[PDB]
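Here, nirmatrelvir (bound form) is shown bound to 3C-like proteinase nsp5.
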Amino acid sequence: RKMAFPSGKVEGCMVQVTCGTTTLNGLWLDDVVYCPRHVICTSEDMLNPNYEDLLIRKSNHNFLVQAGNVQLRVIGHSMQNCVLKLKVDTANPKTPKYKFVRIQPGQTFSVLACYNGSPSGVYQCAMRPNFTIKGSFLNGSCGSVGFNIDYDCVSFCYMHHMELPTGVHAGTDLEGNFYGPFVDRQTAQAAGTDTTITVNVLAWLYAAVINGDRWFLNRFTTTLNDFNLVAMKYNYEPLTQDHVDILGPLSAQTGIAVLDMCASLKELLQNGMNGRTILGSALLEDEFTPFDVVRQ
Amino acid sequence: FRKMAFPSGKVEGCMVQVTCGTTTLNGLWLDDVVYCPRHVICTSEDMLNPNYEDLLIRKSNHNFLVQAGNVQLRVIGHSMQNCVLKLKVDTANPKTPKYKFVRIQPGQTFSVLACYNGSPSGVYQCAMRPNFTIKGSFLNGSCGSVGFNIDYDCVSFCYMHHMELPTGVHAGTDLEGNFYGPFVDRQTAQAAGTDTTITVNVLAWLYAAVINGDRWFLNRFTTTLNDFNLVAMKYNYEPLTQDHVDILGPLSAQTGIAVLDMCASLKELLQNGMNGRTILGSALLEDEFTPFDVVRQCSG
Ligand SMILES: CC(C)(C)[C@H](NC(=O)C(F)(F)F)C(=O)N1C[C@H]2[C@@H]([C@H]1C(=O)N[C@H](C=N)C[C@@H]1CCNC1=O)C2(C)C
Ligand SMILES: CC(C)(C)[C@H](NC(=O)C(F)(F)F)C(=O)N1C[C@H]2[C@@H]([C@H]1C(=O)N[C@H](C=N)C[C@@H]1CCNC1=O)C2(C)C
């Protein structure tokens, strides 16, 4: 299964941030609360916000930060790209070992969706090639974060900011830089055409072989360029030599050369599943990374 | 629309490691009791045809090693309830949540916190299948992992993991040690029965599709429970009951599609398939969202 990481280490960091009439989630790590800067916007500000001007007018006491039933005293504030950093009185005693990481398209992570500072649910997802997330976010969900956990260290990679017209989601890393060409402004924008994460589909096919299914293999191989010429006709991402190298261990462990697995994928695209499933799915799964495969 | 699990933090603080001889699995630590599958008291060879009464008599407190992180918990008593072992320990879990033990029905969903060596590994959302199995993801050492729901700070534990059947699906007990399904904790040939699709959940998921603006499958027709159930039996779908209809009532009122109107859509989808089209991006009809699940996610 696509699994999320256990969310407890992040649940202990979620807080509520309110400025005027607008309330969203904040991330409380040590003595800083991170949250999307449009918390300082009213409704008349969303179309063309001047964030420098909106922020200079705020005092510390304009920011109401609540961690459960406890109010946290804001003692300083600062804007870093599209994220606000609220310095508070108190270091979060539940701060886990953590770091901030900016991820690349195709990378997976877990999302803890929150409202009013309290967690609602957790799910796994991927950063799409068009720098969006196929998330599940409602009003008040901004400031929810995405993360991985490695040896009890939480790497925060995503903070939620907005929803695009096709229902997909856009946000920033924890230094406030958007993924993709989006802005925290309620102006017309749209995700680029989204493609399938080819390297993840192939890793998942290798996972199927490791799991003992081989029905989709064939006797063909392919050059890299012929594979990409075919796959791009199905809106699959081009497979780079770096992707080929990445799959090397899985290729060695199964004895199926990467370009031979590429030939199998070409045939699967041409034929479909003919009523079969692969690892319990009737679709070609692309939100499972080569790293994820080895780690499960 | 995402398959979302509950936040797992309240449960993570209850997972411990239980070892009896060579056999190690996970245990659930609530106040001063650790709950785990009773087959922990088995050697590999015992598991082929165990006599649990006798194997438990021969054991003492000193046969059990319980580890909560870096800390050993001393076992001061032991007993069995059905297929669950209960280890009384010298220290009450200071992270014990408000909780209840509940037994769920086929078609109900829950989150699983997958654990190995007492350490939580991942969380995912599951349904109790009509054939009482669960389509989980469980490896060696996963026994004792639990499934749960949360309602307002109270964790309702409903599943504890015991075994994997030859089709790769899974069987376990409630926290009182009562099996779900006709399975026994013995390493002997057993198999999942033929499964069916959870009709009330497919309907809930069609309401979620409508809520999300996916409306092409709606049609002008209505049907009856009797007529729908005749086509349901044909396609290996759980018969739809009057309880299912009232349970769907709120979704029916939020969307303006009467429940019997939606059943006609599902009927049509079941016979003619899809014209290649998708619903919520899905090629198949999804049945692991309950009506409550759809309301929670669509309302936050
Ligand atoms: C969807 C809406 C048309 C309203 C708008 N979108 C676009 O303007 C775009 F289309 F350009 F993206 C949009 O998301 N916002 C408008 C305003 C913030 C953001 C916003 O309300 N964020 C919410 C945080 N709590 C999460 C949203 C709520 C609905 N579902 C979500 O995930 C900012 C971009 C500054
Ligand atoms: C799969 C195996 C053929 C080994 C066997 N299955 C059947 O005997 C069945 F077919 F009858 F079910 C089986 O699961 N067990 C045999 C033995 C316990 C159980 C068991 O090892 N449980 C594991 C607990 N850590 C979790 C398993 C590990 C693999 N994936 C899992 O989920 C008991 C039934 C007493």
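Letters go in sequence order (proteins before strands), and every chain restarts at 1. What you see below is based on every heavy atom in this structure, not just the backbone, and it leaves out hydrogens, waters and symmetry mates. In listed order, ligands and their atoms are each counted from 1.
Those other chains that come under 4.0 Å from nirmatrelvir (bound form, ligand 1), heavy atoms only, are A. Ranking the protein heavy atoms by distance from atom 3 (C) of nirmatrelvir (bound form, ligand 1) puts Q186(A) NE2, 4.2 Å first. Annotation: atom 17 (C) of nirmatrelvir (bound form, ligand 1) to nearest protein heavy atom, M46(A) SD, 3.9 Å. Against a heavy-atom cut-off of under 4.0 Å, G140(A) is close to the following atoms of nirmatrelvir (bound form, ligand 1): 25 (N).
Residue contacts with nirmatrelvir (bound form, ligand 1), taken as heavy atom pairs separated by less than 4.0 Å, involve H160(A) solely via side-chain atoms from C-beta onward. Among all non-hydrogen protein atoms, the one lying nearest atom 21 (O) of nirmatrelvir (bound form, ligand 1) is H161(A) O, 4.8 Å. The option from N139(A), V183(A), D184(A) that lies nearest to atom 28 (C) of nirmatrelvir (bound form, ligand 1), judged by heavy atoms, is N139(A). In the candidate list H38(A), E163(A), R185(A), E163(A) is nearest to atom 6 (N) of nirmatrelvir (bound form, ligand 1), counting heavy atoms. Looking at atom 34 (C) of nirmatrelvir (bound form, ligand 1), its nearest protein heavy atom turns out to be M162(A) CE, 3.6 Å. The shortest heavy-atom distance from nirmatrelvir (bound form, ligand 1) to a UniProt active-site residue of chain A, with that residue, is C142(A), 2 Å. Contacts with nirmatrelvir (bound form, ligand 1) closer than 4.0 Å are made by no heavy atom of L24(A), backbone or side chain.
Per UniProt, most contacting residues of chain A around nirmatrelvir (bound form, ligand 1) lie in the domain Peptidase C30. Close contacts between nirmatrelvir (bound form, ligand 1) and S141(A) involve ligand atoms 25 (N), 26 (C), 32 (O) [criterion: under 4.0 Å to a heavy atom].
Among the atoms of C142(A), some N or O lies under 3.5 angstrom from an N or O of nirmatrelvir (bound form, ligand 1). Of all atoms in nirmatrelvir (bound form, ligand 1), numbered sequentially from 1 with element shown, those under 4.0 Å from a heavy atom of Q189(A) are 11 (F).
Annotation for nirmatrelvir (bound form, ligand 1): atoms under 4.0 Å from non-hydrogen atoms of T187(A) are 11 (F).
Ligand-side atoms of nirmatrelvir (bound form, ligand 1) in range of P165(A): 10 (F), range being under 4.0 angstrom from any heavy atom. In this structure, atom 12 (F) of nirmatrelvir (bound form, ligand 1) is in close contact with the protein, since a protein heavy atom lies within 4.0 Å of it. The contact residues of nirmatrelvir (bound form, ligand 1), taking heavy atoms under 4.0 Å, are given as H38(A), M46(A), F137(A), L138(A), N139(A), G140(A), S141(A), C142(A), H160(A), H161(A), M162(A), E163(A), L164(A), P165(A), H169(A), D184(A), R185(A), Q186(A), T187(A), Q189(A).
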